[PDB]
Colleague: 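Here is reboxetine bound to Transporter.
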Amino acid sequence: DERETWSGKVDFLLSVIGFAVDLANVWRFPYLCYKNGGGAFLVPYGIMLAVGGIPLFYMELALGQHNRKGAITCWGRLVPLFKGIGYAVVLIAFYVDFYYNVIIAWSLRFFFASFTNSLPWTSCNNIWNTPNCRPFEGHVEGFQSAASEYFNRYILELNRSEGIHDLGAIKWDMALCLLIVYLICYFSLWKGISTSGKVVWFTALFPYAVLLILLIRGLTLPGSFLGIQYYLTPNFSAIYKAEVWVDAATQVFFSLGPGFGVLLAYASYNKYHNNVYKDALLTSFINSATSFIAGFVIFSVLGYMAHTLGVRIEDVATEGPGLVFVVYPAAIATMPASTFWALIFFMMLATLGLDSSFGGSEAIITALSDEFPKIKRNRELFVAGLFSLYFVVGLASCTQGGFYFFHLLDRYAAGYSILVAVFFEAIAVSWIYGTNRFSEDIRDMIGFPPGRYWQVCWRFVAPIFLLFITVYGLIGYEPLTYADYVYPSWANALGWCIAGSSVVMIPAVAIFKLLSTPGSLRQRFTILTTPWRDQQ
Amino acid sequence: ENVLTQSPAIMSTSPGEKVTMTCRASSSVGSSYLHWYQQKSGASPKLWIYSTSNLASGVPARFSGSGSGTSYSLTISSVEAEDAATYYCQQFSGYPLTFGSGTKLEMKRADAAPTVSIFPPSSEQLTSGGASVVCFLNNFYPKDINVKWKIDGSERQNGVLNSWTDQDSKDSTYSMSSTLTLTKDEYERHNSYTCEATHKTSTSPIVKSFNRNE
Amino acid sequence: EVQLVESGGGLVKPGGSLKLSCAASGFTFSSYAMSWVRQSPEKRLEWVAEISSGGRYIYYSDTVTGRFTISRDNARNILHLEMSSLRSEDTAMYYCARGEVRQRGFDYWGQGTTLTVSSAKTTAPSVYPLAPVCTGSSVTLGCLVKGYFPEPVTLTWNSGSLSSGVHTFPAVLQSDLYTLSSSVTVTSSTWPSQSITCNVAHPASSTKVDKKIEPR
Ligand SMILES: CC(C)CCC[C@@H](C)[C@H]1CC[C@H]2[C@@H]3CC=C4C[C@@H](O)CC[C@]4(C)[C@H]3CC[C@]12C
Ligand SMILES: CC(C)CCC[C@@H](C)[C@H]1CC[C@H]2[C@@H]3CC=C4C[C@@H](O)CC[C@]4(C)[C@H]3CC[C@]12C
Ligand SMILES: CCOc1ccccc1O[C@H](c1ccccc1)[C@H]1CNCCO1
Ligand SMILES: OC[C@H]1O[C@H](O[C@H]2[C@H](O)[C@@H](O)[C@H](O)O[C@@H]2CO)[C@H](O)[C@@H](O)[C@@H]1O
Ligand SMILES: [Cl-]
Ligand code: NA
Ligand code: NA
């Protein structure tokens, strides 16, 4: 009868807000604006967010709350034929923890590297430097900046690895950092929601404090207005381009993370009659809103670099890890009270990651706990058994060629896997389970049915939206490359197994569960398309 | 179970006046889950206010509502005769669903004395064992009226059926039917029957009588 | 536009069973949750049972739980309430009410159908003409309907040609029998210049009689 519930409502919101808001809100969204026409970019971004983005986000939250179970069991009880979706999502989440947690390790490595009167990455005269070192970022590949060479030749030691075939030694300063991250994750997640629910109070909130003072510090710098100009100055010639819409579509989907099994897990500890429609609208908004603020943070400082430091905006305006571990720390080193801004920046970067790691792990734990009561009472031992597996294989990212391994998983593990998974999630919930059947479930919870708007999106828009992203993801596909290095064919094939191992669960479970039931062909489908609620 | 009590039970209002009526719940109710229904006499209920501030379709602007928690109220700015009905508050907050005890709205009207009519037993009725003499008290205000039956000057308190009409939507008055039922043998044992209506309009009771023989 | 008609219902002996139906039209019946609400002869409203749009969620009041079963047919657009183990407390006007949104309440109601649970036996009334013992401007006449069961009875004057000056009193139950009367007033010139009749209907006993009023 009983299932554990959130203590207080805020904990749930902070957990969702936390999982949702991460480094991609910082090192991706602002860049996309800059590249896509600035203020103009908000139109396709907004529409995509409205039609495909929020509906999927809303959907999984409602499902999580209604069915009251983790990913595996919930999709089993919804469309038994499609129960495979549960396994696909849990595996993906499993693969992702292997790499993503290392970003937090880097944040902590820099944090620990940040207590000095003079930051190590400011000059070119150190031992890890090369004769080609520059004070700041340029447009030539052979000549890097001071901050770039610090990250590459010192922190990473990536220069000593000839590719993925050669990982080299193990940096045990990085191993230490990765352990500390998993230690924190353990002591956060081992007691369940009662703890993890209140830990996210700090980790979800802290970033906004630091965003606040970095925003002021940024806008009070010379040339900060020039940054904002590059960031938001509207160009609508981009709007006609399909590539922009794809960029908006893709960003919205991967920033919100709908159908990732995390939202499902969190909402499953919700009280049945809780209003999840408000929770979805507020939570989504806060995510995009956070990205918007962060753009100001970044580009104010990026403008100051182009003004006082004499670097071309093109060169310093970047996405991904490069932005936060090189470009931004570079500007910080120049301004007064540098040691202060560096310390809170890398701490923000860490707490930005932590929120999301909890969710990912939680999706896995909750999913398994429900399907296997065997591990449900043993949870304190289980996540230890989990994070241990994480840490062990995670050591591959702490080697000198560890980035090559990291970059491999980043492209393959969750990229095309979760898209097809969520695509079936949409088709399951709407075409199979039915919208009217679904809408009825929601009315029982929050008292009123979903508007015809939400019902249209879940049915026609969602699949086309997902399909739209998937198609252009395949169209523009290129073999895996990092910098001047080109991954071997056997490396790509390895990733495709990782990409395919999750997705294959969908048909596998269907075919298997189909042969394991009695009756006709059409008689078996009705058995596997009958919800668990209808059988009572 | 969340019980909604309404007061007043009944209230009279002179047209144009302002009426307020309250609905209070034993347990708090979400302000968006509280609704009001108007039910006119001999008709089925109509949704009136929902979410407690929100008028339904066709509901004139003279109606308003407010409240929170365990306390809510319906107010009519300027009352009209087409506003006379019973009003029911309803809670959709949780199961089981409960309705308020209701507040009956009536129109004030100038006092008017009744008109008494006596009707001795029909011969069709006197062919069978029974004899029923009936009295009609018509178009009086206010509602309260008192009937007394006397047989040959001595009061009879037994075997009486009284019925009141609902307030008239035209003249806003009430009416009552008093029927004294007795066996024929007793009807033939007494020569005179009287019906007396006491009402606030008259100090002395308005009386009408009839004699058996005639 | 949207209409709701309650059907079935009438006299039933205690312990009995009856199935009430509601014919929905003028909207998409499938998309709306329905509910049965009853009103006792003491005019108190009581919610009875709610059924979802697809009938996959059912809620009952503790009073009818286990005795009553709410039901839907979305093909024929009909709402059903099938009752069993009926007690006397079950006697009421049963309403078919729509609403899909808890926040908006019940926005539409049927005309209602009347259920009477009694051990009492159906009996026809006896209609007695009421004429004065022995001005103007207005004379007053009457009709006495006594000793009938169950309700209702339809009483009109001259086939309903007089709506004016007519007071027809609600029936009162005494010892398992209903008694009802009506008064009509007209001018002394109008009666007995013309013969005036009172007509009563009681379908339960299938009894329809007209009684002409004549002066004694
Ligand atoms: C300019 C920028 C830096 C300001 C940052 C805004 C911060 C303060 C915002 C962003 C998200 C917000 C939180 C969103 C979620 C909730 C749940 C609600 O039940 C209580 C308030 C609370 C906890 C909000 C408090 C304020 C909040 C933390
Ligand atoms: C740019 C940042 C700061 C905000 C981005 C705009 C977001 C929050 C806006 C833009 C378009 C909006 C949507 C427009 C249409 C609808 C349909 C309505 O029935 C529910 C609200 C909903 C779903 C809106 C939700 C909020 C929304 C998604
Ligand atoms: C699939 C579960 O998601 C995560 C699992 C482990 C670590 C982090 C996770 O976060 C999501 C993510 C991040 C990168 C790649 C795939 C998935 C979140 C990151 N925050 C927004 C939604 O996506
Ligand atoms: O043994 C590796 C340690 O090196 C770093 O310590 C640096 C520090 O970053 C730098 O600011 C200081 O000036 O020199 C020391 C080492 O000489 C890391 O901070 C440590 O975590 C490592 O263990
Ligand atoms: Cl974003
Ligand atoms: Na995000
Ligand atoms: Na996070």
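Lettering of chains proceeds alphabetically from A, tracking the sequence lines in order. Sequence positions for chain A are given in the PDB entry numbering; the residues included correspond to 25-161, 203-601, in order. Note that chain B carries the PDB entry numbering, so the residues on display, from first to last, are 1-214. The residue numbers of chain C are those assigned by the PDB entry, with the residues present covering 1-134, 138-219 sequentially. Both ligands and their constituent atoms are indexed starting at 1 by order of listing. We read in the header that X-ray crystallography, 3.0 Å was used to get this structure. Basis for what follows: all heavy atoms, side chains included, without hydrogens, waters or symmetry-related copies.
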Colleague: Locate reboxetine in the structure and give every matching ligand or chain.
Modeller: ligand 3
Colleague: Hey, which other chains get a heavy atom under 4.0 Å from reboxetine?
Modeller: A
Colleague: Among the ligands and ions shown, which others have an atom less than 4.0 Å from reboxetine?
Modeller: ligand 6 (sodium ion)
Colleague: Help me out: what species does this PDB entry assign to chain A?
Modeller: Drosophila melanogaster
Colleague: Extract every residue of other chains having a heavy atom under 4.0 Å from reboxetine.
Modeller: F43(A), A44(A), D46(A), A117(A), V120(A), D121(A), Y123(A), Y124(A), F319(A), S320(A), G322(A), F325(A), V327(A), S421(A), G425(A)
